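Structure of interest - contains dyclonine.
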Amino acid sequence: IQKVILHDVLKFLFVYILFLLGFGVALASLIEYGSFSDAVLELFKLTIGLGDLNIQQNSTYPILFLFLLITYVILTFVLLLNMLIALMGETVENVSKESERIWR
Amino acid sequence: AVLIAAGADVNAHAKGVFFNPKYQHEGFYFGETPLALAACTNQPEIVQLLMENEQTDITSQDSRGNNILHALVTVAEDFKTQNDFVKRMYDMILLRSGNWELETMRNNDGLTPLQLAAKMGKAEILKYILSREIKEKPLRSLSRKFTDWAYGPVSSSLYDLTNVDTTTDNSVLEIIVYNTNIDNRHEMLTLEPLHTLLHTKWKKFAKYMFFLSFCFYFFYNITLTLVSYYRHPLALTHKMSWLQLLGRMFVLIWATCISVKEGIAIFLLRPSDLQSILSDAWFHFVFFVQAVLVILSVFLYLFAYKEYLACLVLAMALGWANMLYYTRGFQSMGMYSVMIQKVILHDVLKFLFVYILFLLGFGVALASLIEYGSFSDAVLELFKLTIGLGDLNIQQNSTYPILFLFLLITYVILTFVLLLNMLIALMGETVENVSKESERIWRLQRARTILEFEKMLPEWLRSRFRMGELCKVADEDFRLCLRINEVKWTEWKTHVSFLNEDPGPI
Amino acid sequence: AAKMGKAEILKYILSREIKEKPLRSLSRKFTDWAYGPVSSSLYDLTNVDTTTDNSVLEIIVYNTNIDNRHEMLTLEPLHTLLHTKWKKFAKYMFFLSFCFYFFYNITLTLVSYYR
Amino acid sequence: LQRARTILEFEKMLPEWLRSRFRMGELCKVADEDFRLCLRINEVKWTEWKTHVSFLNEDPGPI
Ligand SMILES: CCCCCCCC/C=C/CCCCCCCC(=O)O[C@@H](COC(=O)CCCCCCCCCCCCCCC)COP(=O)([O-])OCC[N+](C)(C)C
Ligand SMILES: CCCCCCCC/C=C/CCCCCCCC(=O)O[C@@H](COC(=O)CCCCCCCCCCCCCCC)COP(=O)([O-])OCC[N+](C)(C)C
Ligand SMILES: CCCCCCCC/C=C/CCCCCCCC(=O)O[C@@H](COC(=O)CCCCCCCCCCCCCCC)COP(=O)([O-])OCC[N+](C)(C)C
Ligand SMILES: CCCCCCCC/C=C/CCCCCCCC(=O)O[C@@H](COC(=O)CCCCCCCCCCCCCCC)COP(=O)([O-])OCC[N+](C)(C)C
Ligand SMILES: CCCCCCCC/C=C\CCCCCCCC(=O)O[C@@H](COC(=O)CCCCCCCCCCCCCCC)COP(=O)([O-])OCC[N+](C)(C)C
Ligand SMILES: CCCCCCCC/C=C\CCCCCCCC(=O)O[C@@H](COC(=O)CCCCCCCCCCCCCCC)COP(=O)([O-])OCC[N+](C)(C)C
Ligand SMILES: CCCCCCCC/C=C\CCCCCCCC(=O)O[C@@H](COC(=O)CCCCCCCCCCCCCCC)COP(=O)([O-])OCC[N+](C)(C)C
Ligand SMILES: CCCCCCCC/C=C\CCCCCCCC(=O)O[C@@H](COC(=O)CCCCCCCCCCCCCCC)COP(=O)([O-])OCC[N+](C)(C)C
Ligand SMILES: CCCCOc1ccc(C(=O)CCN2CCCCC2)cc1
Ligand SMILES: CCCCOc1ccc(C(=O)CCN2CCCCC2)cc1
């Protein structure tokens, strides 16, 4: 658990906040807002798994109000999380031969 | 030997088309002399027999301008094919000559044998030339590596930096970095006078110029966000003498200084290739896009054009994507961003083409039990379902109940069990192959950074940040050298070659 | 040897070079010229090309019994004989078959969507 | 193995006047009155140094 938090998880968080505060303030275009508390929260609730689509219905533009919402889902799910699993597999493979001595 | 001692000419020049081919399989370029042919086909006893003759002109030039030492560089290959002999023919011919006439000669491209091995990507001839130590007594000025002192298992050497540093145009360090043709550049930047010459540039000036470039681009995106969030936003055309008026000015000035600077570097750079944009000049375009969109949004507003808010959100949302560029100052975060590139190219672009084939395949063809405006709506009810939310009023208001799952189950089996789980299975294979190369392919990125900070320095400041020391390596031979220390426990010999009897730093 | 899947006897026969003087017509691989480390050879295509019925290239491809077919198609006159067919005619017939089946699904969708 | 079965089915649906134009091979003279239909492949080899006795042409090159 120690080798995964140091070598893998702390680098994931810096890249994700760069998009979460990147997209988050810059969503207040088709709906404006108090954006930094709210439009950041509507992109974090969407990442947990719940979602509220009344803001897409009450948008200035319909289906075009998916391009900043699709580009968020492509990066954070396909790209960033699946590359975390690909690096934890490399990290477990190197520490499994040393974990008996570094425990003792 | 019968023919030569009967009057045969030893200075012929085969000027044919077969000996000067256009393509590799149509002929054999060897150097157009009887001495280049005996050397390039591994016949060392005829090479000695031809140089002991007195009519042999060892300093002649053929149709390309090449001489005997340019010709051996051209036919040189790896260890897996030729195995030794070009490196052993190079110094047999060099030591017999006995001076710097062959090594300092320029062909019709204007290159020496040192610069031609770097232009063509020969990493085994170049390893030989840069660290060439000749320990004999009458021929020691033909060296590029000296020994300053030694005591026990402790030595101190002196490399030579005459054409391998960036004090002259078209040098060995510059050629390797800007060379888009060859593909083993990150195995030629680990060689011994070149590895330490980039490491010293980073600690003296180039890590401080890289922090100042990061602060000013960080403040450019904060100021562009705050004046656009607290609302036309920019340039404040109605003066109320407001303090912190610089924020509307600083965004406008700095967006012109990028667009001019990237207008040049796009115009000069053209290695015309699809591999060029994906590897070197991706960020030369996408800093030029943003600097246009800030300026063009101001020019739209001044007449009536009303599209002055579309560009500003594009200029802000792109302006935060670009700041992953600045991760290459740290080894930890830099190598991580390298593997983002290899995953987007090799894994993600192929996933998207197969998924849209089902998303527009199922999507229009769902309008059967519910009809619809299907292409906007029934496509959206299959993309909302993939995000994670779902709306089941259309299944209740279907023509057929539970049968309205077969096109909805066949969608979930493919996109979750099959397609996504095979993406993870391929990223594990892709990370495993690039993890051994990511340290060198990162250093090829940072080496191009250092050599562009050096060009934007005035001449009084180039002189202060400069490596090298004038040593005395022979009788009136003063060179500009670079000292590297070493500890070696395996070869025990007595020391005869040294520039100083008394060791130590002094 | 191709019907039964013997990839070591078949490697021997297809590239059989006999350099002796009285028995050289028993070869299936000749040397046209050579100069230094550069040569140019000539394979033989008498029963291994598809100009006759029941040939060596046809037998290996349509052979469902054996299981090492993809190790018999990498042998030296057969690897280059398929690569040349693809560049002359077979990559252009494969694009024309893709366009017409693409237009068949677009037209079948639009006439069924706009009822 | 998938693409090789594709090529050999496109070849069957060609008329006989068009088979003749797309055809590999060249009539060589490999012995006394032995004309065969051959396929030329080039090679570069740096490891075996021998002198050449077997060759159909003294004068090399494409011609
Ligand atoms: C805040 C979110 C909640 C998370 C919990 C709070 C976290 C608080 C933690 C704070 C500091 C972390 C613990 C100490 C780390 C020291 C070095 C280390 O071990 O890292 C190693 C891995 O490489 C990395 O982890 C790179 C660090 C990522 C930089 C992003 C900023 C901080 C990340 C934090 C969060 C991102 C959020 C970004 C928001 C601004 C470096 O490799 P090494 O094995 O040490 O090799 C020697 C390197 N050396 C030669 C240079 C010495
Ligand atoms: C001695 C003190 C006085 C010396 C003054 C001499 C004058 C020297 C300078 C002269 C001119 C510099 C050119 C910049 C032009 C304006 C800004 C601009 O538009 O360019 C660019 C920024 O470029 C930078 O701002 C980098 C910082 C360079 C300044 C050097 C600091 C002083 C030199 C002393 C150093 C010693 C320090 C160590 C001391 C121990 C903007 O583009 P970018 O996107 O930000 O760049 C990314 C490139 N990319 C697009 C390819 C991705
Ligand atoms: C114009 C923006 C593109 C958007 C769609 C994509 C279209 C084309 C896509 C093609 C996919 C395959 C090619 C990917 C790029 C080349 C490889 C690469 O460098 O990967 C980089 C991707 O880094 C990023 O993700 C940021 C760059 C912009 C992408 C959009 C991010 C969110 C934008 C928000 C919305 C804005 C919407 C746009 C507004 C108009 C990572 O680079 P690196 O390895 O970490 O650093 C070293 C790189 N080097 C060695 C090359 C120097
Ligand atoms: C649009 C969705 C948003 C995504 C962002 C926008 C993306 C815009 C990007 C556009 C072009 C991509 C960047 C340049 C790639 C050049 C070659 C390359 O590096 O790929 C490599 C990986 O192999 C592949 O990636 C295969 C490509 C998939 C084909 C699907 C169509 C386009 C994919 C895009 C999206 C799918 C959607 C489909 C909708 C129609 C090929 O391997 P290689 O290492 O180069 O080896 C040399 C190969 N060679 C010998 C032939 C030279
Ligand atoms: C662990 C580290 C990361 C933590 C998670 C990040 C999220 C943390 C979540 C909340 C943090 C704050 C808690 C209270 C919530 C808001 C109140 C507030 O003061 O916000 C102020 C800033 O909001 C703005 O001014 C919007 C403009 C963007 C600010 C600059 C861009 C930042 C991007 C670069 C950042 C540099 C670092 C980037 C790192 C790569 C004002 O808010 P407001 O606009 O007036 O509306 C809300 C006010 N209300 C509630 C009263 C209605
Ligand atoms: C230049 C690059 C070429 C591509 C075109 C990209 C441009 C955009 C693409 C399609 C837009 C279609 C029309 C909208 C723009 C017209 C202006 C407008 O009035 O709309 C408004 C919204 O404007 C926006 O902010 C756009 C919506 C999302 C922001 C950008 C993401 C879309 C980029 C997708 C492709 C990226 C590139 C694809 C490859 C990565 C702005 O003005 P407003 O009406 O005052 O504000 C509405 C609120 N109010 C009415 C209540 C006040
Ligand atoms: C978005 C949220 C941002 C929040 C922060 C996120 C952080 C990260 C995210 C992104 C940032 C990633 C890169 C930026 C860091 C700088 C570049 C760098 O490599 O750092 C270097 C130091 O950097 C320094 O120079 C130390 C600072 C003190 C002196 C600098 C003051 C200006 C120059 C003064 C003169 C003024 C001009 C002349 C006037 C007389 C690293 O050095 P190190 O770490 O100590 O050791 C590592 C080993 N290494 C060196 C081989 C790597
Ligand atoms: C990045 C690339 C992929 C992008 C994502 C894909 C989805 C992009 C999402 C939206 C894209 C368009 C945006 C506007 C929304 C619809 C408006 C419109 O003009 O659509 C028209 C086409 O719709 C039809 O005519 C339905 C019949 C199917 C079309 C042909 C099959 C396509 C499959 C093969 C495709 C070849 C390529 C396949 C690649 C492997 C008419 O629409 P409508 O039927 O009248 O109802 C909607 C009209 N309304 C809103 C006014 C009510
Ligand atoms: C201010 C909030 C900072 C929290 O920063 C993170 C938020 C979410 C994540 C996630 O990874 C989302 C979890 N996600 C994982 C995969 C399946 C569904 C849930 C990571 C960092
Ligand atoms: C016009 C829309 C094009 C977007 O094209 C994609 C949509 C979704 C995905 C996904 O991969 C869904 C994300 N999914 C990942 C696993 C857990 C839950 C979220 C990929 C491409």
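Proteins come first, then strands; the chains are lettered A, B, ... in the order of their sequence lines, and each starts at number 1. We count ligands from 1, going down the list as the structure has it; atoms in each ligand are counted the same way. The structure shown is a partial extract from the entry, and contact counts are restricted to the extract.
Taking every copy into account, the model assigns dyclonine to ligands 9 and 10. Other chains with a heavy-atom distance under 4.0 Å to dyclonine (ligand 10) are given as A, B.
Binding site of dyclonine (ligand 10) at 4.0 Å (heavy atoms): A:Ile70, A:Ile74, A:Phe77, A:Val78, B:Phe351, B:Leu352, B:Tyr355, B:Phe383, B:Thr386, B:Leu420. Between dyclonine (ligand 10) and the UniProt Na(+)-binding residues of chain B, heavy-atom distances under 4.0 Å are seen for none. The organism that the PDB names for chain B is Mus musculus.
Between dyclonine (ligand 10) and the membrane-spanning segments of chain B, as UniProt orders them from the N terminus, heavy atoms come under 4.0 Å only for 5, 6.
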